[PDB]
Each structure stands twice: as C-alpha cells, then as structure tokens.
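Chain A residue numbers are taken from the PDB entry; in order, the displayed residues are 16-573. Counting starts at 1 for both ligands and their atoms, in listed order. Per the header: X-ray crystallography, 1.7 Å. Atoms considered below: every heavy atom in the structure, side chains included; atoms not considered: hydrogens, waters and symmetry mates.
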Amino acid sequence: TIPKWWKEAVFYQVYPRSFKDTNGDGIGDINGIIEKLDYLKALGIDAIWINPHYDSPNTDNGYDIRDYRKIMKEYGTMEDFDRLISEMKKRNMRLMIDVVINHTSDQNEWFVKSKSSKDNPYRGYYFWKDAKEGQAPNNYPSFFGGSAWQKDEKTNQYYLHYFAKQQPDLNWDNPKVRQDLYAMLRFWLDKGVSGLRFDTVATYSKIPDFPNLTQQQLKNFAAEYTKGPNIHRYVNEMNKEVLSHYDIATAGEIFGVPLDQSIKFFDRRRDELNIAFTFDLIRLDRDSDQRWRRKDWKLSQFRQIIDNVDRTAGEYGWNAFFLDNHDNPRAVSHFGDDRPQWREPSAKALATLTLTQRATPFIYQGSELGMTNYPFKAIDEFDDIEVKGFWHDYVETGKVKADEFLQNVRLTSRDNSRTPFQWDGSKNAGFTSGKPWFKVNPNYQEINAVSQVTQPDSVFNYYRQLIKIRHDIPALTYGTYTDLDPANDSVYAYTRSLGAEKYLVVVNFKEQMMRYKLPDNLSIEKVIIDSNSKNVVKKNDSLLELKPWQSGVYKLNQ
Ligand SMILES: OC[C@H]1NC[C@H](O)[C@@H](O)[C@@H]1O
C-alpha cells in the first residue's frame, strides 16, 4: 500500500459545455468553472477532471480536436486556462485534463495534409487503405454508426475512424506520430496540469493487416479494438518519455477491455497508467451487442462486479469508482429511484457507497444535487451523435421499432448527463443569461444548488459530510474491501478494514423496511453517518432495522 494524493482525492468531473456560462452564448466556459471553485471547495473536492477544452468543431463536443495547442473558442482563452490552474492551486485543488490522442478532428492540420495526396508527408499519420472489391477494406463497424471506413474520392482510398467520420484515427505505429503526441503532452503538462485522463486509451494499437472480424467478434467489436499487439508497448513508451517525468495522476478510460486484461494498464510495476476507469459496473445492464438497449439487473450482479473489479486491481493496481459521467445516464435514475418520493434518499444512498469504495471516487457535475435523467420524448430532442448513429443503424433500417428504441435510449443516452447544471431557480436554472445550448431539465425548480447549499439535510450537504468523513478516515480510502454477502439482492453491506479500524457500510436497496442481522459476531461501536433513518442504533447492536433506501456507515467493535 503506497499512499498517493490521487488515491485519497475526491475528484469532481466538469463537462465545461454544460457547467456554467458567463458570456450569455448558452455554452459553459472556463470563466464559469473559475467562478464556481468556491462552491466546489465548499463541497470538499480535491481535484477536477475537465472534459476536452481544445479547439474543436464539436461534432463530438470536444472529442474531435482541431488544434491541440489552442483553447476551444467557446471556452475562452489560454489566459483563462492559466487562471483556472492558478485559482485551483490557491485552493489546493489539482486539475486533470482529457487527452484525446486515439484520433483527431478531420479538420486537424495533420489530417488536412494527410488527406491531400498519397505522397503527403502526413499521409501516414492516419490509416488509409484501398477498397476490397469496390467495398470498404473490411467489416469494421464504427461506435457512432455505420462503417469505420470512410471513402475519400480524391485519393481513392478509405480512412479509418472507430468513432465519427470526423474523428480519423491516428497511426501510432508511425514513430513521428508518437513523438508529436508526446511533445503535445509536454506543452500541457508544463503549464502545471496535475492529471491526465486518456480517452479510449486501449485502442491506440491497430490490428495488423486489418482482417475482417468474425460474426462473433462483430457482436463485441469494442473488445476486438483493444487487442492491438503494441498497446502496452506504446502506453509504456509514453510513460518512459513523458509521464514518468512529472508527479501526475493518469487515468485510463479502457472501454471494451475485458476486466481480466485491465490490470496490464494499471499495475504500478508496469509503468503504464495509474487509475483504472473500468466500465463493467456502469454498463452492467447494457446489451453488449445492441449497445443502446438496457436490461434488468439485480443488486447481486452489481456487487459481484464491484468485488471482481476490486480483486482485479488487487495489491498493485488502483481503481476509480463512479456511477455516472458524461457518457451515461444520471446515477440516481440508473441505480437509484428518481421518482419524487425516492430521489433524495436514494441519491444519498448512492453517495454513501460511492465515497466509501477502495478506489478514487469521481463525482459527476450535478449528481451531488441528485440531478436526474432528462424527460426525452422524440428523437429530435437528442444532440448526441451516438444515439443518432444507433437510430440510423437500428431504426431507420427497420430492425427495431422507433418506440421501443426510444423507450431504451431515454434511459441510456449520454445526453441525460449533458443538460445544463442546475444552479438555482431562476430562468434556465442560472446556468446562462442567454439560451442554453441544450435544454435545462424542467425539474430545476425543485433541484438546484442554491436551494441545497443552505439546507443541512440536502443531497449536496450529505455529499459534503461524506467527503469530510472519507478525508478523516484512512480505512475508507485504503482499507480492504469485504462484501458480507455477494448474493444478497436487497441489502448491500461491506466492510472497509485497516488493522483494528473496521467500518461497515450498509445500503437498503429495497423500498420496504428490512431487518439485517450482521454476520460473524460483528457488532457496532458507533454510527459514523446515516441517511433516511430515524431508528436508534446503540453500542453493541448486531442487527439493523433499515428503512427504505436507508444507508449508513458504522464503526465496528474490535
Ligand atoms: O472520443 C470518443 C469517446 N471516447 C470516450 C469519451 O468519454 C466519449 O465522450 C467520446 O465520445
């Protein structure tokens, strides 16, 4: 166990575009983040991870980068960015930025040159291939719909894009590409950035000769794209030439990587990355083939995945833990119950388990308020290119009826987490003086930061209390994680232990009162915190009477 600031820190993720607008154009910006640092400090946040802040045409809201060395026009200036770093440092907060180097915008200078001719010096910065029998090079599908190969009539070849056609993949097999990327990383790291979150880090290495995927592989192509023969060689080379020269925290977004293989990216002995962003938990109820469709899940599955993720990190790796983010539905809607009667208690319950995992917790903007999914009705209400791609592939082809599709994407769309942050009860929830780029959830009159910061029993203040408790108790960061019963579908209970310091965490996932007798002669010394409960717990109790959605943290005897 090696203590590190990034294992003990409580991170907060800010999606700039939807956090706080300060110029009235309806788009959140860097000055807006700066304006709200005192709010985040009050919450108790130690580090902020911001989504892409670089010059971009926004086909994928920042993840299609046109110029890596320029600030996104809508977000502000380089001076604004340096000020954010300064203002955060003054508050002992650290900044983590998003590194998107699997692909660039098709407007990026490198691609503009690459596509201009087969002999351009930059041709090999991307993947260009001839048609196979007048068709795409192979059957690779794109995550955002259709083929991962886009035809360019000028040079009579197709280029590879795992994501949007406007996101051509960089050729990491070209040493010149790697060297230019490392130089770019240094440009940002030398500005004082404390962390890097690597976007789709496991797909940098492409499969030699691009052979077709089998019928089976097509059902989970994401996993096939993480099987490049040089991925670890490249991540480790990046560590040796760049990462190891700074005291930074690096997170790896390893979507598609089988859990068993994830440790190769985060085992500290391997000199690759630091913090694992696994997706086994957050996608537990998602179809792996029709990635927009959801299915029913049970608490036993949820906790069994957590146990597997914990065991996989083991002694040498380290995990992040989050229940939502900008690519997934809101935590309270997904894992809790967002109906008016249960939103606040279930949100507090999820906050309790989040802040007490043996992992670095990441709180997504607005979930500290209990923000919920957005009430989408028609397909034209979505901004997300991913849902549009699924719509084209599944509904426009007649494979799935529009109503069944909408029933599912209302619950799974990334856009559920991209509606503007709900600051107060004023027009557009105080997010902007103009017209928001994406509509504000009508529930902002009931759910907003101003209403909650001064109410001691608010969701915001429950997160604040839990963050302080985590900061105060080492066992809640480093303690061994033990699930008391992986097969229990009603009461989630586990202990966090560091020597003689042992804590119990309990969450009643059912909307009925539950009695829960502790196992193995465990008994309670004292309550640390609890939520949605008026029941009295006393010294030596070994049985808890749990109200619906009740959660709590207890110090155990011995
Ligand atoms: O860059 C492609 C994809 N990578 C993962 C990011 O979280 C998501 O927002 C983005 O669209």
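Going by contact count, the macromolecule most engaged with ligand 1 is what the PDB entry calls Sucrose isomerase SmuA from Protaminobacter rubrum. Looking at ligand 1, one finds the drug 1-deoxynojirimycin. Under a 4.0 Å criterion applied to the non-hydrogen atoms of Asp75, 1-deoxynojirimycin contributes the atoms 1 (O), 2 (C), 10 (C), 11 (O).
Heavy-atom proximity to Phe159, at under 4.0 Å, picks out these atoms of 1-deoxynojirimycin: 11 (O).
Of the protein's heavy atoms, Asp342 OD1, 2.8 Å lies nearest to atom 9 (O) of 1-deoxynojirimycin. Of the protein's non-hydrogen atoms, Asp214 OD2, 2.8 Å is the one closest to atom 1 (O) of 1-deoxynojirimycin. If you number the atoms of 1-deoxynojirimycin from 1 as listed, the ones under 4.0 Å from a heavy atom of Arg429 come out as 8 (C), 9 (O), 10 (C), 11 (O). The source organism of chain A, per the PDB record, is Protaminobacter rubrum. Within 1-deoxynojirimycin, the atoms closer than 4.0 Å to a non-hydrogen atom of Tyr78 are 1 (O), 6 (C), 7 (O), 9 (O), 10 (C), numbered from 1 in the order shown. Neither the backbone nor the side chain of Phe213 has a heavy atom within less than 4.0 Å of 1-deoxynojirimycin.
The contact set between 1-deoxynojirimycin and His341, taken as ligand atoms under 4.0 Å from a residue heavy atom, comprises 6 (C), 7 (O), 8 (C), 9 (O). Heavy-atom separations between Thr215 and 1-deoxynojirimycin are all 4.0 Å or longer. Residue contacts with 1-deoxynojirimycin: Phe270 is excluded, as none of its non-hydrogen atoms falls under 4.0 Å.
Of all the heavy atoms of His118, the ones lying under 4.0 Å from any atom of 1-deoxynojirimycin belong exclusively to the side chain.
Lab note: binding site of 1-deoxynojirimycin, heavy atoms under 4.0 Å, is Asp75, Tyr78, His118, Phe159, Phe178, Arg212, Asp214, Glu268, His341, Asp342, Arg429, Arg433.
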